[PDB]
Amino acid sequence: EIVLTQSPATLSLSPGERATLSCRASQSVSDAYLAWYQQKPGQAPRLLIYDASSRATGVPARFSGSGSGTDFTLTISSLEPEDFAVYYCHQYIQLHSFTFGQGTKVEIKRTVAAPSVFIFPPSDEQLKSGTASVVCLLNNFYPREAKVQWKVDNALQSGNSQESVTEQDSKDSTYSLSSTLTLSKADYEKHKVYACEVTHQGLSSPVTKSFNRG
Amino acid sequence: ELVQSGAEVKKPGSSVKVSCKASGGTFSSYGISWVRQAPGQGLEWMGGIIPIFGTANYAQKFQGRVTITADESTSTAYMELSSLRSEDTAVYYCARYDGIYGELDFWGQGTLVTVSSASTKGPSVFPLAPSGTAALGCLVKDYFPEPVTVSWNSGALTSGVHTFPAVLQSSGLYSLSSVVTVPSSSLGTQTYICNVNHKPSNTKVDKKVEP
């Protein structure tokens, strides 16, 4: 019934900066049956504020809320790297109907950081089974944007690597990334030099990590 | 604390029944709600129960498709959703609220329900071998469904540990690597084990990573 509208969808800010998130209700939820939750990646929501403005135990002072009727706000007065999270409002005026806002994603800006690059060769254990996974790690970088290209012998390989990025580190706001090249044992054994070449704005010229099949 | 049951696969058409176990027993005064989260989606309220009365409200969306119950004896509550379709794949959280208020002040850890006509497979674990700091890790390949937990040295090492989000491979099995940066000097002395647990298939495997 009561529709909560959160704004903005994403807030990209640096530490120190103020994050003010808005939550609008389709009808009055009173002197506030309104709450805010923080949801960090891989975790349950956590209560920050209830009754529009009441701070829950353990929630740091830099969090506060205000509003009544249909207009509410949550403020992180001075943003901290640990505040990377999605934030949700929740109205509970009639206990038979709980609705939530669509959330606001708070992302943390930082200084440019170079990826430390590593290459992993398949284990012998994996090879006995007839598959070769080759893993290239781009560690602790910023911003998100990176180019990982696989070089077998020296020809550009395509179409059989998957990437996965971690979420911004709670402590230093960096990303890490893995590129995994998966080949058949036969396909793997076709070539010799397996190379990972990483292009990032934290590096003056693209770094390459490689090993020779052995 | 509220302790939820392990993650499960269910086939389309069936029904799931998730447990939420309360603290001590004093969930007398408090309600228990079930909120679910579809992947990359918002929070969605399914229903609540005030246990001392065994009385349940539900969202209109989940009318007589959901049934929520409490067990007065051993202080656990249950959400049971039926006619599971692809759309019902979600993390199912239980949470505690006070009847005179309504804020969800404490939440369970979450229960992943994968609605799929696909069988449970445990993963294989392979070492990512060490290259003044050194990367080492573990590849956790070919499992179903999610999730898998990965710890290092039974919990003794947490610093510098990146465990990646799983990918879904073209085979329809998940894979993931968990890596760690340690001092180069500690390699040929400090021993490193990755502790993998895929609960849907009772698979605990501990793997040493050497160069």
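To find a chain's letter, count down the sequence lines: the first is A, the second B. Throughout, chain A uses the PDB entry numbering, with the displayed residues spanning 1-214 in order. So for chain B, numbering is the PDB entry's, and the shown residues are 3-133, 140-219, in order.
Of BIIB054, AZD3152, CNTO 888, only one is at chains A and B: CNTO 888.
The molecule name assigned to chain A in this entry is cnto888 light chain.
Name recorded for chain B in the entry: cnto888 heavy chain.
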